[PDB]
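Drug testosterone bound to macromolecule Cytochrome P450.
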Amino acid sequence: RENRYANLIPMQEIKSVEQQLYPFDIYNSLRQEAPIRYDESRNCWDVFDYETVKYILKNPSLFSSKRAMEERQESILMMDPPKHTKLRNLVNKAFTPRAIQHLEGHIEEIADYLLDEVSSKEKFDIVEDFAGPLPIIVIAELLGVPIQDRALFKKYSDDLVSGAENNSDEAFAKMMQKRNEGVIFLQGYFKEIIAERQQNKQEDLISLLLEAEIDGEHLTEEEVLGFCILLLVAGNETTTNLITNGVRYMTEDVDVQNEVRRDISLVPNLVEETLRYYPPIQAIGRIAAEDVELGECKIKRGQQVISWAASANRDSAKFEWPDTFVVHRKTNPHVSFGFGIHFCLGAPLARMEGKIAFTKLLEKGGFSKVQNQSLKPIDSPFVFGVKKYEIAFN
Ligand code: HEB
Ligand SMILES: C[C@]12CC[C@H]3[C@@H](CCC4=CC(=O)CC[C@@]43C)[C@@H]1CC[C@@H]2O
Ligand SMILES: CC[C@H](C)C[C@@H](C)CCC(=O)O
């Protein structure tokens with residue numbers, strides 16, 4: 001309908017598969033050429049510098065999160081205050097570092113179990129065998145939803161972050177058909193689970209959402225569904241890329257792999273530097289709520305504003321050694337989890353999963369990438385990850 005969400009449409013500067021697999025040199029060039037620019041092919045402003053990206057994310061009154069192509073903004077991701085505040089306050093205490101600490105041993109058990117399934121494999125796909133399943137199992141248990149067919153839910157979860165091949169009408173229609181398929185299955189599935197919990201509450205998050213009251217009324221079914229699908233998709237698609245991207249970097253630069261294996265206290269730094277350097281989410285969308293001058297650029301009420309975390313994370317005004325993977329950084333103020341009121345609810349959980357995933361792989365011993373694979377980027381321009389990544393223990 002040409003009101004298309006620009007975060008789903010690839011920039012024309014990113015063309016080849018090699019560029020999709022490492023777009024950061026191009027973002028860096030764009031940031032230096034013009035840190036804010038209007039892309040005519042996507043009808044949006046792209047923002048590349050750290051200070052302006054942070055400013056946008058910190059100013060929800062100026063830059064709205066209500067960017068659904070449909071009329072209804074369905075989950076807190078797409079809500080502005082005050083509604084955003086009331087719904088997020090329902091769940092914010094479930095996801096703190098203290099709230100999730102008890103899961104550490106259980107997540108270590110899942111990781112050990114998954115790596116046992118590949119101990120006497122020659123090589124294996126880190127995505128299918130480890131990085132994919134682990135976050136799906138964790139988020140399923142937190143939501144309270146059975147997910148025993150992980151491949152099925154992965155397929156449809158992936159559909160919900162898919163983008164268009166280009167800005168053609170046909171490409172957008174193909175993308176919307178994929179996303180529609182994921183909506184049919186995942187919405188249907190959670191509708192059934194919600195009905196089951198309505199009939200018999202359990203000790204799980206879905207049941208809490210059915211019990212909680214906002215303004216003296218229960219959540220609408222649409223509101224509970226929004227939580228379920230957002231938590232499922234955000235909880236697994238990104239984390240899988242965090243783990244895979246870290247394994248990717250550690251096999252592209254074995255110096256880092258060896259140093260962290262030999263000083264495992266560096267794993268939290270490795271997690272943060274993977275987020276900064278290979279961010280699972282490259283770009284965060286907003287809609288200008290009013291006219292806003294960002295420098296000389298005049299952004300008009302209602303225009304799309306795409307903030308490039310992948311570029312901000314390498315802005316040399318903010319980061320020393322921005323294009324170097326450094327596991328000894330004293331601070332790492334990346335925007336890979338966003339910033340401000342929508343700051344990732346799952347960040348403590350993602351950090352724990354990443355820490356455990358990397359630790360278990362490192363403690364199994366040295367590992368290498370299988371050479372002569374043709375990596376396949378995930379087909380969404382706001383995601384950074386590969387569909388498959390084969391490694392082998394030495
Ligand atoms: C569990 C769960 C979970 C998990 C695990 C996660 C994981 C993650 N994540 Fe998250 N998130 C989430 C859940 C989550 N998540 C939510 C729910 C949200 C929403 C919030 C609001 O909106 O407030 C987010 C949000 C978010 C954001 C912001 C956006 C805006 O601003 O709009 C970002 C960037 C992110 C990223 C991410 C990553 C990178 C990862 C990995 C690594 N996240
Ligand atoms: C936008 C999104 C796909 C569409 C999802 C959205 C979560 C909220 C949601 C509620 C539904 O009932 C399905 C459609 C939507 C609107 C998802 C959050 C991450 C994912 O990319
Ligand atoms: C699914 C992971 C996050 C909830 C989504 C954010 C990264 C926003 C993505 C966007 O702004 O289109």
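Numbering starts at 1 and runs along the sequence shown. Remember, it's 1-based here, ligands and their atoms both numbered in the order they're listed. Note: hydrogens, waters and symmetry copies are ignored here, and every other heavy atom, side chains too, is used.
The ligands or chains that make up testosterone in this structure: ligand 2. The ligand atoms of testosterone that sit less than 4.0 angstrom from a heavy atom of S75 are 8 (C). Organism for chain A, as given in the entry: Priestia megaterium DSM 319. Of the protein's heavy atoms, at least one falls inside 4.0 Å of atom 10 (C) of testosterone.
Among protein heavy atoms, the minimum distance from atom 4 (C) of testosterone is reached at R179 NH2, 4.5 Å.
The protein heavy atom nearest to atom 1 (C) of testosterone is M78 CE, 3.9 Å. Applying the 4.0 Å criterion to heavy atoms of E74 picks out, from testosterone, the atoms 8 (C), 9 (C), 10 (C), 16 (C).
Distances below 4.0 Å separate heavy atoms of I229 from the following atoms of testosterone: 11 (C), 12 (O), 13 (C). The nearest heavy-atom contact from the protein to atom 14 (C) of testosterone is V183 CG2, 4.4 Å.
Counting heavy atoms under 4.0 Å from testosterone, residue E70 touches it through the side chain alone. The protein non-hydrogen atom at the shortest distance from atom 18 (C) of testosterone is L230 CD1, 3.7 Å. In terms of protein heavy-atom proximity, atom 2 (C) of testosterone is closest to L160 O, 4.0 Å. For atom 12 (O) of testosterone, the closest heavy atom belonging to the protein is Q187 NE2, 2.9 Å.
For testosterone, the heavy-atom contacts closer than 4.0 Å come from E70, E74, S75, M78, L160, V161, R179, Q187, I229, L230.
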